[PDB]
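Consider the following structure, which contains N-phosphonacetyl-L-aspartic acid.
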Amino acid sequence: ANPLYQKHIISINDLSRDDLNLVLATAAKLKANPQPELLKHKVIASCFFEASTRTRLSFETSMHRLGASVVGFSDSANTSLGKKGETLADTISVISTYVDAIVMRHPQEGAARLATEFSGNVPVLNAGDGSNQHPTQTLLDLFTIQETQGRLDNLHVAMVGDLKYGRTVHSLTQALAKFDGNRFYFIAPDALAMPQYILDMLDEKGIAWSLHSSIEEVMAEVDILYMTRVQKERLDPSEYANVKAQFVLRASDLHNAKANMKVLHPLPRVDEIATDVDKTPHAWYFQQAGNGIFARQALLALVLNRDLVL
Amino acid sequence: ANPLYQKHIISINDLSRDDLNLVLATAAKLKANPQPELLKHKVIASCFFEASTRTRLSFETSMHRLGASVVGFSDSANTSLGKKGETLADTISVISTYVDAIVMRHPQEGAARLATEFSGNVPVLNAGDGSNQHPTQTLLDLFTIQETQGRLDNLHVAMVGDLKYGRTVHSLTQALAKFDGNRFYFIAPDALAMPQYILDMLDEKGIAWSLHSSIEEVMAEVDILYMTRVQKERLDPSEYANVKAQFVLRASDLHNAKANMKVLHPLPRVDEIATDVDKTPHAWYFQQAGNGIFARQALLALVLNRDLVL
Amino acid sequence: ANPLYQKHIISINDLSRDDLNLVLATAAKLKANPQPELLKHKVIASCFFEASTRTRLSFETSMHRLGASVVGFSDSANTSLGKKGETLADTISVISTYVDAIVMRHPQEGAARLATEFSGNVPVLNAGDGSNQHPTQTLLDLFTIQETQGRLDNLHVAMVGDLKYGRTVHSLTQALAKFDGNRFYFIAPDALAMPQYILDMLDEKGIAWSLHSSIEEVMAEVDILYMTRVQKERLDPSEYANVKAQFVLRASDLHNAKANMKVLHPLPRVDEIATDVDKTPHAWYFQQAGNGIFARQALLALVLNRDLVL
Amino acid sequence: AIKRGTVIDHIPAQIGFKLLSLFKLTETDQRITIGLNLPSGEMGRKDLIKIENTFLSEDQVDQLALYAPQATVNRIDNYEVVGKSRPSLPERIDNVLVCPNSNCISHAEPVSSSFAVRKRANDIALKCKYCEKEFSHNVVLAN
Amino acid sequence: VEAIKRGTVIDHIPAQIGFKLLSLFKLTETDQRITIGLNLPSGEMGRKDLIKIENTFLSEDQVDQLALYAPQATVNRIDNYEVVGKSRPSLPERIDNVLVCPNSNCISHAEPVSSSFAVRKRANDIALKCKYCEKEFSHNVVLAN
Ligand SMILES: Nc1ccn([C@@H]2O[C@H](COP(=O)(O)OP(=O)(O)OP(=O)(O)O)[C@@H](O)[C@H]2O)c(=O)n1
Ligand SMILES: Nc1ccn([C@@H]2O[C@H](COP(=O)(O)OP(=O)(O)OP(=O)(O)O)[C@@H](O)[C@H]2O)c(=O)n1
Ligand SMILES: O=C(O)C[C@H](NC(=O)CP(=O)(O)O)C(=O)O
Ligand SMILES: O=C(O)C[C@H](NC(=O)CP(=O)(O)O)C(=O)O
Ligand SMILES: O=C(O)C[C@H](NC(=O)CP(=O)(O)O)C(=O)O
Ligand SMILES: [Zn+2]
Ligand SMILES: [Zn+2]
């Protein structure tokens, strides 16, 4: 079996560089040569306990592109967890008797991990758990950085906005740290800084990083400017000073950007990226979102099909 | 045609022992030898006007396993019944021009029966109508009792909790009463007792039943302990003394249980079954839920495909 | 000084037979010969944290009939306790620097007693504290019984309805038990029975009481039929079966009543007393209400004046 | 044996450890010796607590009569028991207890709890100063 | 404090830690005879705590759980009055059950699972990473049940 066959995909911290590269190689192959019947006869649960547009719809689209069927819900309000008091554990215990894999997003950190403890032999794929991890975002992110930069090592990567609550940057930083020679710039309000457990991991690996108070400081050297939304639904009321985006990127801020530089954003954006950026050649967040199909097709294929695709 | 072809499945009271046995025989066959294209080219409505996890998701999974497509809704709020004032009758009148069968759950008793009066030649399958009937629960329940006990007659069956509002036990009691020599123990608060129309039916058939105030009273003789949730969403405020489960089953209460005894629960449970029961060999409610696939596959096959499966 | 001068009036339990007789005697005198300037230059706080019609308005009317001024609030929502998080302790600490007495009703038991701990030399009069005590209701009740019956001993007294949460009957029973040879009939739902501490008190004094499931059981014996409202704002949701009046007095139930029997009710009534009772000679709940004026004037006069001469 | 201090003897099994917590007895530098589940002539099993150079406060002695009625408090100086008695039951207990009436004002407000304790074989009764409700000490011990 | 025939003696416990060990690991929830000395003279530590639990034995794992509170304690295993085994706690890989994750939005608080943390040395303190939410904390702010 391929190394990812029947594996839970919960946290980037659980995966190796080899795993990440395997997903990307598989993504490239399926994009070049679709296999519309690869997951024929699979039925996969798509269980979203908090809001989503991109992650849920690209995941479901990917299931259909591979010929799998889909059941689930886009909110918990009309599940028996929503109305009859059922625990998440019992919810997973029954759903895992129906389906071949479970894709889940949940507002509490650790929900996907918990699900793995009740899902028996049914793989759980974390579409996001509170402010913790977002591994499939990282997979499509890596695919996009690779496509646009030609490599995943020796890159200058700035991450901007809400780093404390961004499950996206937690996962992406851990992932890029598994490659060699990448350098990080963290541009965040002090209250929403990158968590210490991430910084420690960088230190331990001898990876260079620094804090910056402006985007312009680093614009001239960045290969990837990864913008983020303030996760207002996760903030303590004590942190409401930071609801408004502190860093707004406009087309004019891109004067000294390298030619190769791409602006990424896991989306949705509020105002942290002005619409005038959209037409510039550095804007790549919609392209990034479209890459979710290839990354998520690849992951489902690898988890649910024992042989490597060709 | 098989006896169930194009039939409405509304109430166990409308079915015979032969019908029930036919569903179970068909369930066994499909479990042993899946037929992934049996309902190819069917489109089936899945219409849930109140909450569900198991019934809706297992029903939809069963449709996909047989190759049918699925349309519908998991709540009524964004139907034209929910926002524009449409009657249930007109809702069924239009949906029945689209699809090959309608699966419906509804908060008012009699909704499925009413739907049959507007659905023309489109079969209606009752996924639950208020506190009335739940025939597909009974089918999977029977399948589970059969699997674990080796038979459906001459069994000692205890039913515990909210018997007044449990559509599950209304249907299951009527069903088991169609087999020979079963004996019932009803363990319920007085305010939530098994309805008289069920008791009368037992009397008329000469079936033994008795009331009990504790689980321990009968533990030593039961083959099936069928636990239920208090249906708090159906209670009159006058009945709010009974919201909390009156009978809590724990692992230690199982000391004198027969070796063959299984604990069933249509689910979701609140606290009427303690989590410590889960690891005991008598716990079978998750296995029971998984049997919903086989029962519901069988029913769709029988209703929508004219020949018996092989 | 009179025995009640500058005393807190919190619980009937703290008052003696002589204390109660003194208020009644003073009340009789003020009714016969008004003292419009008795409390001139007094300012009295009327502080109601819970709804009221009779108790607040009769209290304030009483203050005006004696020539005192009134300040306070009928709702806590626009006080600093209501909007700024202020404790009750602090509220009393400041108000007691303004006024000569504090009349207070409050939704928790003990609130009045607590007030006495922060009110310094300013007397607190309990207009009702949760389901505990209602001393001034008992004062006007006693006054009314005395007026209609000519005595406060050797009576046959029935108390009907919500006795558990009826602060009215808690105070009244304790007061009547300080007199000789009274006999009690308690007619209440099991869930709303007279609390055990009241019963124990009656036992210690060798006072006869009994439970009855019907008014008719005792109609021929009673001198005072005291009806109560189900205290729905006090019920635990488990007790909601008792929201409706279990015992409903109608004009026709009085056919065998002693001629001089009076029907009392501290009010408001819902349905426990039908309007056809109002015209019978036995109805005395509005005259009872009226007597609140003379009882409350008496209490205010005795608390705020060393001696009265009349 | 100890030279000076207190030996709390004849404590019921499974109560000794609770006492250590509640009276914060181990929050000291004084030498302490504890026996749990010791054999006892009159009790079968007992707990035993020795604290050197230390005597129970008046509060703790009062609280002891509730938690461990038939326990024995020994006062000791120069290796001798100069005082031996079961703890005197008080008629009032403040601060430590919690009124089980959830609608009691004493939960929301900055006052000390207070109960009139009434020895009442079998269960000792506790009447709340505020709500005036009375409870078995079995129920009040659910703080 | 007096010798035992059979069981475990946890010796050389730092002062103010003995009671914490009894509370945290629920050592007194048993019918076996326990003997405890608190604030005993050591001449090696100055002051020490000492816990004796009869007819009761601790695995290497259970002994390791002690490492977070008494890393230089000695656990003596006793049979027929003889010390048949001495061991020192070594830092465990994980701490399960007894602690509570300080992240209020962690799934572990709402669901029927047992708490669990990965243990590591950071800057001469102990960092605890929750199995579920993956947030990491100084062991000081991770409260017990
Ligand atoms: N210098 C001392 C003297 C006595 N004790 C303890 O104090 C308790 C009671 O002392 P004592 O009256 O001498 O023993 P008993 O006669 O058994 O008292 P009782 O009848 O109450 O059991 C015993 O546990 C004993 O160990 C002590 O620790 N130090
Ligand atoms: N039957 C026994 C044997 C030993 N002990 C206790 O076990 C501990 C260690 O035993 P031992 O090796 O004999 O003493 P030490 O040589 O001092 O050990 P260490 O150097 O580790 O302190 C001491 O607290 C001793 O009181 C005991 O309670 N009962
Ligand atoms: O919400 C964000 O800002 C980033 C990230 N966004 C997404 O995954 C896109 P969506 O919520 O539409 O699926 C997330 O963590 O949910
Ligand atoms: O709700 C119950 O307790 C029993 C029964 N439960 C089910 O059918 C399972 P679900 O509501 O998840 O589909 C029902 O009547 O709806
Ligand atoms: O409310 C009752 O039924 C009895 C009693 N009623 C009154 O005191 C009359 P009011 O609430 O109108 O001042 C009370 O305890 O508040
Ligand atoms: Zn109280
Ligand atoms: Zn956590």
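A, B, ... follow the sequence lines: proteins, then strands. Residue 1 opens every chain. The structure has been trimmed to a portion of the entry, and contacts are counted only among what remains. Method reported for this entry: X-ray crystallography, 2.2 Å. Whatever order the structure lists them in is the order used to number ligands and atoms, beginning at 1.
Tracing N-phosphonacetyl-L-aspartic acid through the model gives ligands 3, 4 and 5. In the deposited model, the macromolecule with the most close contacts to N-phosphonacetyl-L-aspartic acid (ligand 4) is named by the PDB entry as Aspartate carbamoyltransferase. The other chains with any non-hydrogen atom less than 4.0 Å from N-phosphonacetyl-L-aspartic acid (ligand 4) are A, B. Of all the heavy atoms of A:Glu86, none lies under 4.0 Å from any atom of N-phosphonacetyl-L-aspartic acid (ligand 4), so neither backbone nor side chain is involved.
At a heavy-atom cutoff of 4.0 Å, N-phosphonacetyl-L-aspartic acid (ligand 4) is contacted by both the backbone and the side chain of B:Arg54. Looking at B:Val270, B:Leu267, A:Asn78 and measuring to atom 4 (C) of N-phosphonacetyl-L-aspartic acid (ligand 4), the nearest heavy atom belongs to B:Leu267. Considering each of B:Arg229, A:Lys83, B:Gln137, A:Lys84, the one bringing a non-hydrogen atom nearest atom 11 (O) of N-phosphonacetyl-L-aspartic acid (ligand 4) is A:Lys84.
For N-phosphonacetyl-L-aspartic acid (ligand 4), the atoms lying closer than 4.0 Å to a non-hydrogen atom of A:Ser80 are 10 (P), 11 (O), 12 (O).
Close approach to B:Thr168 involves these atoms of N-phosphonacetyl-L-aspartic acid (ligand 4), each under 4.0 Å from a residue heavy atom: 4 (C), 5 (C), 15 (O).
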